[PDB]
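Beneath this line is the structure, given in structure tokens, with notes to follow.
Chains: lettered A, B, ... by order of sequence lines. Note that chain A is numbered according to the PDB entry, with residues 1-213 shown in order. Using the PDB entry numbers, chain B covers 40-302, 310-406, 408-565, in order. Going by the PDB entry, the residues shown for chain C are 1-132, 140-222, listed in order. Quick note: numbers below take in every heavy atom, side chains included, and nothing from hydrogens, waters or symmetry partners.
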Amino acid sequence: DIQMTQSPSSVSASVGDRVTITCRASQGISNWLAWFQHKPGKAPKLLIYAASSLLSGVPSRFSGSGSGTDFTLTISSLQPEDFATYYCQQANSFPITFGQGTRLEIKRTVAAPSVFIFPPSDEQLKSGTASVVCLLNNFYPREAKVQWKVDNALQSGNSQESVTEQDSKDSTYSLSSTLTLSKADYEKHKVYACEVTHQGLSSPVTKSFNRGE
Amino acid sequence: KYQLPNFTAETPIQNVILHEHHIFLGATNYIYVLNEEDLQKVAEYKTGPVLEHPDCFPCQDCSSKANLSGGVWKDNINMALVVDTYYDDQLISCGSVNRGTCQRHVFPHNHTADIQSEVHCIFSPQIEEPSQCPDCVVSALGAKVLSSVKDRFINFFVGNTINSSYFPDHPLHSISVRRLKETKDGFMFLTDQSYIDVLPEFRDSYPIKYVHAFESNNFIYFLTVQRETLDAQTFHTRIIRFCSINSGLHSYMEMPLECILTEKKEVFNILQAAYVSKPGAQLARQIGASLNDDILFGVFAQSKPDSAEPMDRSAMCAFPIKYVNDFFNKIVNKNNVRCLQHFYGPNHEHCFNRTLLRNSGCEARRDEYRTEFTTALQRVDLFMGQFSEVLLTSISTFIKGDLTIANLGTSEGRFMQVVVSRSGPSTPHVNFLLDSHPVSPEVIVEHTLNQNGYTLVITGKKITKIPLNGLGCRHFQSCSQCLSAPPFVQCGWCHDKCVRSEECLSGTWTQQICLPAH
Amino acid sequence: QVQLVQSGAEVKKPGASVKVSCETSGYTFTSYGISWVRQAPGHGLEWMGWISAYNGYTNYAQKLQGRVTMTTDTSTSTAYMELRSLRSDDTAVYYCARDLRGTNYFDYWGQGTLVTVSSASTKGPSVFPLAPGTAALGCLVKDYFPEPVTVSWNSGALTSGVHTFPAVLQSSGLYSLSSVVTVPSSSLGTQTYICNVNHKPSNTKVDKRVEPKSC
Ligand SMILES: *[C@@H]1O[C@H](CO[C@@H]2O[C@@H](C)[C@@H](O)[C@@H](O)[C@@H]2O)[C@@H](O[C@@H]2O[C@H](CO)[C@@H](O)[C@H](O)[C@H]2NC(C)=O)[C@H](O)[C@H]1NC(C)=O
Ligand SMILES: *[C@@H]1O[C@H](CO[C@@H]2O[C@@H](C)[C@@H](O)[C@@H](O)[C@@H]2O)[C@@H](O[C@@H]2O[C@H](CO)[C@@H](O)[C@H](O)[C@H]2NC(C)=O)[C@H](O)[C@H]1NC(C)=O
Ligand SMILES: *[C@@H]1O[C@H](CO)[C@@H](O[C@@H]2O[C@H](CO)[C@@H](O)[C@H](O)[C@H]2NC(C)=O)[C@H](O)[C@H]1NC(C)=O
Ligand SMILES: *[C@@H]1O[C@H](CO)[C@@H](O[C@@H]2O[C@H](CO)[C@@H](O)[C@H](O)[C@H]2NC(C)=O)[C@H](O)[C@H]1NC(C)=O
Ligand SMILES: *[C@@H]1O[C@H](CO)[C@@H](O)[C@H](O)[C@H]1NC(C)=O
């Protein structure tokens, strides 16, 4: 097998900047290299083949370079339609190998999250399991750190997180953590708290509730 | 019995290049690199027998992409050899196999002979249009490639001989100009008028073999051997002149050449080799030329009837390039000019009611016209029958004083040096046997110091470095005979040998008296 | 119009096999090759194999333990891929691409099918409410299989400020997502907020009302 190495793995830029993704080939592949643009919900879109040959319809701002083992993809002036996950593929030998991808993300002003907390409804708790959820609404960047505390004591091994994609309008994020416990371990503790650390908050924001209050 | 710097290669040698004191040989399945001084082998590179597969493209790992069992090895005969100096100096080689694609070898600074260090094939597929291949350069049936840098880019003027089997699947262009992309990873055709092909109906009935190609006076010329018309079975030679503006084919014209021997008059209508050079003073005043003018020296032969195969009857004609251009610009009228019969149809819309504009000698228009002359450009043989019973196959030219001297090679493998003059006996002052193999027309002439250079001559698997002066002496075996040498060879007797003063290292060298014995 | 149209999504139990089809149109079929590329959740693209309808040549990745089998029907110009001995590792999206023979330059693709491999069975979701200057309320769609679920609000009348999160695979093998929305807190008494959870695999259409708690 022959290994491809993309760099960087993820990078953020504003509209109108130049962004360059480098690909390193394990062996000399000559100019048998393609670049792909991949957006969620659709198949990968071939942009550049033969290291530097653009496909019909691809804008001029996309440019290919490199030969042998070093390759480069360049976007001169970014546009909103260009933020996606780009992949580096070889066409030189079997097995065919891709890169690890590169996430391109829009840069905006830092925005503090809006932290909410939802206790378990009585329906599920009357069934055996209770799940408390914590919400971080419309923030940037994704430097979120959420940790659960019960009776002022940290939690581990029971939280599962989930993040939305960058919003098409205001370029923000949103995160939902689900702390799942059994009704037995739930009815033994009083206060349930969610701690949030973010690059846009002066101090770690904690949102708590009492089990019956 | 001549001790000369030579080199054998174990495979036939096609083209040869001289650059930076190294000699590059493009041979069947190999590319050799010799030291210029002694023709000792310095470097090699194996373009050897290669396996062809349709699903395999240049620079690929074919052994992992396809099933290669039972594959017939194909010998990769060199077809073109070029050196690029515009950017990083490199060596572009085009072989016969692998769709006739080319590859480049980059030269390092510390060492200028590393041809196996950095090698990049020049190929890019055309997924958009699967029938177009600008990287398929060279026809295996015969190709002449002339490269030149213009407008800060590298251009490839290619003449290809086409078999009818190529056209269905793997087609090529009769005359094309390809631009090397700035990424050096592919050629491209800038317009629909960058290439001129033969009609599919005439791929077999109208063969075209491209003999020579050169650049002069900001014009591109291609010497070729074609059929006189289409329905006729006799062959002749044409010279092709065109312009190239932004990698295009403009003002394309074909004009027939005729080399006659008035001793009614027989014509030698098949060019075997040519060489453009400037003339010496004598021949210059003998052909109405100046010392700085470019002359096209051509070696012609007579065709076996209704064929393009030449018999052992040769001739030698000089065509001053300025007279060629003036013949293009003046002879044109309302009867000599014709439409290109093999490009357009014999009954085409353009071939009926379109004329060359007189606003024109090199203009590029959106709808370019491509013409073909009726009256030929004739010249009389300058040797006047001296080689009318052998087959000359190689020629080059240099100047010694006021004399223009021609280096000729024959079919039988003979090399000879003759003095070119219309008024005078065209008797070769040098004449020996290089090899049993015919002498290749691909030769080199290098000048060093004061008109004392050499010429590289190819015969079979062997190439030999032949000095331009002093060989006329090395066949005399007596001082009374060494004294009778023609004055321009400047021979003299060194004790036991007949050489020139440069080659008499120690002892006595005499050119005045000789004292025989009785 | 040159198009590649793959089959539908499929769910299989571990140990079984799956056969995905890819019907192509718009070009001479034999003149191109067909490759297959899968992507697992949280991972990048992975080449599985290439097949040439002209020669019948096939090449598979040694990473797949020879569990792959690609076939081709030329008279109908369709490609087929078979993956046997399915593991949970093989839960992914499978793509069918074309290339100009040996170029491996994939210009046109299929839409990709979802193949889900897990020892779980089809179970309808359980919708639980997430009750409240600004207010936030949501729906917790818990324990369903397989993906996906479509979640709207007020029968599609409320789109602004809605965030439906991607599902997360629980330690039991049942997915669970949450779909929330922010609304002005001055409307919680004059505007009812309902979330519509539709799980087509189980034909489970559910409309759940979200109202603030008792106190
Ligand atoms: C690779 O292909 C060969 C096909 O055999 C020949 O190969 C080419 C040179 C060409 O001439 C084809 O038309 C020929 O048919 C396979 O070798 C044959 O395989 C068959 C079984 O299908 C067997 O009966 C024959 O004996 C084989 N022939 C020889 C000479 O061994 C071979 O199996 C293929 N290799 C693969 C697919 O890995
Ligand atoms: C060389 O001459 C061409 C052609 O002149 C034309 O010829 C006749 C057919 C008639 O139409 C005349 O009136 C024309 O002038 C010149 O080409 C024209 O160039 C202009 C420049 O913008 C262009 O708009 C016209 O369409 C061109 N027409 C044709 C027929 O080519 C040209 O300018 C002259 N000089 C060159 C080519 O250097
Ligand atoms: C070609 O050149 C080679 C040398 O490059 C000549 O071979 C040498 O010949 C001399 C005698 O003339 C021998 O003493 C040497 O041993 C030879 N060299 C080797 C390596 O064996 C050869 O004679 C030349 N041939 C011609 C036809 O000129
Ligand atoms: C086109 O011309 C080529 C050149 O000769 C022919 O190719 C040769 O064909 C013979 C007979 O089939 C083979 O034995 C040779 O190996 C071929 N290659 C050579 C001589 O280099 C070819 O046959 C011609 N086209 C057709 C349709 O016959
Ligand atoms: C050029 O570099 C090579 C490194 O491979 C070395 O072998 C060679 O000696 C160098 N040339 C010199 C030092 O003249």
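- The drug assigned to chains A and C in the PDB is amivantamab.
- Contact analysis gives the chain with most pairs under 4.5 Å to amivantamab as the one the PDB entry calls Hepatocyte growth factor receptor.
- Most of the interface of chain B with amivantamab sits in UniProt domain Sema.
- The entry gives the source of chain B as Homo sapiens.
- From the chains of amivantamab, the highest tally of heavy-atom pairs under 4.5 Å with chain B goes to chain A.
- With heavy atoms closer than 4.5 Å counted as contacts, the residues of chain B facing amivantamab are B:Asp94, B:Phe96, B:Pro97, B:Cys98, B:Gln99, B:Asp100, B:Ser103, B:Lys104, B:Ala105, B:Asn106, B:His159, B:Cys160, B:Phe162, B:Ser163, B:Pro164, B:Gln165, B:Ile166, B:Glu167, B:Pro169, B:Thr222, B:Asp224.
- Heavy-atom contacts under 4.5 Å between amivantamab and chain B involve these antibody residues: A:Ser30, A:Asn31, A:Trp32, A:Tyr49, A:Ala50, A:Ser52, A:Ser53, A:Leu55, A:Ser56, A:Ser67, A:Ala91, A:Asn92, A:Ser93, A:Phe94, C:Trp50, C:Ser52, C:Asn55, C:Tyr57, C:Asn59, C:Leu100, C:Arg101, C:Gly102, C:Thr103, C:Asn104, C:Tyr105, C:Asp107.
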